[PDB]
Trainee: 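This entry shows iclaprim within the model.
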Amino acid sequence: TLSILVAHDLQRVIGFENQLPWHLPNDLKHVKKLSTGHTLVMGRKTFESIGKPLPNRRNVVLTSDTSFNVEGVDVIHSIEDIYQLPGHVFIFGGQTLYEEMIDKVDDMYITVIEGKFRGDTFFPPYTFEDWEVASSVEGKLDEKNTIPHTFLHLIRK
Ligand SMILES: NC(=O)c1ccc[n+]([C@@H]2O[C@H](COP(=O)([O-])OP(=O)(O)OC[C@H]3O[C@@H](n4cnc5c(N)ncnc54)[C@H](OP(=O)(O)O)[C@@H]3O)[C@@H](O)[C@H]2O)c1
Ligand SMILES: COc1cc(Cc2cnc(N)nc2N)c2c(c1OC)O[C@@H](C1CC1)C=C2
């Protein structure tokens, strides 16, 4: 498959100053579970955010920098190289990847954070006319997980 994996808030904020606007361990665990043993594609900025590869999956970074060579990372330099990777590919971030990818992907694993954050980056506006709710599951709250959130899985109609 080719999937978006994203958390965005009630106004489609994904990002502030090159970080998540929220502490939400449960969603990062969601990320682990979904993506372990699989492939992530991310833009250069998001990779700098994470700061190195995530273990136990394939890590692929899209970048115009031809001198990019990072232990444990496969570089690519066009959107088109994505379509050639084997297996289940998660589009991992960030804003620009989602923009370039969102009409191309089979489905999306969105976490909706039921808050309003300050952001400087956003998820593309989308319509539920275009997208079927394969599943919607309320995130569980504790002290360590204190924002309401819902895990959507959408498939292109
Ligand atoms: N909420 C979430 O689920 C989530 C997940 C990840 C990231 N984020 C957020 O997203 C924001 C980052 O988004 P962003 O748009 O600024 O950055 P980004 O998408 O992570 O990275 C963009 C970079 O990717 C490379 N790139 C993108 N398209 C390319 C193409 N077609 N050909 C060659 N290279 C290409 C370029 O790198 P070069 O300049 O090196 O060429 C470009 O500057 C941050 O705020 C971060 O916190 C949110
Ligand atoms: C933009 O920053 C991040 C994006 C992301 C990507 C990300 C996060 N959350 C969701 N729902 N989708 C995503 N694509 C992550 C992330 C980020 O901060 C390091 O943390 C890591 C944990 C520490 C290893 C995991 C994911």
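Sequence positions for chain A are given in the PDB entry numbering; the residues included correspond to 1-157, in order. The figures that follow rest on heavy atoms only: side chains count, while hydrogens, waters and symmetry mates do not. Start at 1 and go down the list; that is how both ligands and their atoms are numbered.
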Trainee: Curious which chain letters or ligand numbers map to iclaprim here.
Mentor: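 All copies together: ligand 2.
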Trainee: What name does the PDB entry give to the macromolecule most in contact with iclaprim?
Mentor: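 The chain with more contacts than any other is Dihydrofolate reductase.
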Trainee: Which nucleotides or residues of neighbouring chains are within 4.0 Å of iclaprim (non-hydrogen atoms)?
Mentor: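 Residues with a heavy atom in range: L5, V6, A7, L20, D27, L28, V31, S49, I50, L54, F92, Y98, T111.
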Trainee: Heavy-atom distance from atom 26 (C) of iclaprim to the protein below 4.0 Å?
Mentor: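 Looking at atom 26 (C) of iclaprim, one finds that a protein heavy atom does lie closer than 4.0 Å.
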Trainee: Indicate yes or no: does an N/O atom of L54 lie under 3.5 Å from an N/O atom of iclaprim?
Mentor: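 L54 vs iclaprim: no N/O contact under 3.5 Å.
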Trainee: Closer than 4.0 Å to some heavy atom of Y98 - which atoms of iclaprim meet that?
Mentor: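 In order of numbering, the contacting atoms are 14 (N).
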Trainee: Could you check which UniProt domain of chain A holds most residues near iclaprim? Thanks!
Mentor: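 According to UniProt, it is dhfr.
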Trainee: If you measure every N/O of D27 against every N/O of iclaprim, is any gap under 3.5 Å?
Mentor: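 Between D27 and iclaprim, an N or O pair is found under 3.5 Å apart.
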Trainee: Give me the UniProt-annotated substrate-binding residues in chain A that sit with a heavy atom under 4.0 Å from iclaprim.
Mentor: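 A heavy atom under 4.0 Å occurs in these UniProt residues: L5, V6, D27, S49, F92.
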Trainee: Where is the nearest protein heavy atom to atom 13 (C) of iclaprim: which residue, which atom, and how far?
Mentor: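 The closest heavy atom on the protein side is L5 O, 3.8 Å.
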Trainee: Can you find an N/O atom of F92 closer than 3.5 Å to an N/O atom of iclaprim?
Mentor: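 Min N/O separation from iclaprim is below 3.5 Å for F92.
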Trainee: Name the UniProt NADP(+)-binding residues of chain A with a heavy atom closer than 4.0 Å to iclaprim.
Mentor: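 The UniProt-listed residues with a non-hydrogen atom that close: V6, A7, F92.
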Trainee: Per the deposited model, what residue and atom form a covalent bond to iclaprim?
Mentor: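 The covalent anchor is absent.
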Trainee: Does any N/O atom on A7 come nearer than 3.5 Å to any N/O atom on iclaprim?
Mentor: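 It does: an N or O of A7 is found under 3.5 Å from an N or O of iclaprim.
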Trainee: How close does the nearest protein non-hydrogen atom get to atom 21 (C) of iclaprim, and which residue and atom is it?
Mentor: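 Nearest protein contact, heavy atoms only, for atom 21 (C) of iclaprim is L28 CD2, 4.1 Å.
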Trainee: How far is atom 4 (C) of iclaprim from its nearest protein heavy atom, and which residue and atom name does that atom have?
Mentor: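 The answer is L20 CD2, 4.1 Å.
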Trainee: How close does the nearest protein non-hydrogen atom get to atom 7 (C) of iclaprim, and which residue and atom is it?
Mentor: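 Heavy-atom neighbour on the protein nearest atom 7 (C) of iclaprim: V31 CG2, 4.0 Å.
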Trainee: Check each N or O atom of iclaprim against all protein N or O atoms and list the pairs under 3.5 Å, with atom names and distances to 0.1 Å, one per line.
Mentor:
residue	atom	partner	partner atom	Å
iclaprim	9 (N)	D27	OD2	3.1
iclaprim	11 (N)	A7	N	3.0
iclaprim	11 (N)	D27	OD2	2.6
iclaprim	14 (N)	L5	O	3.0
iclaprim	14 (N)	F92	O	2.8

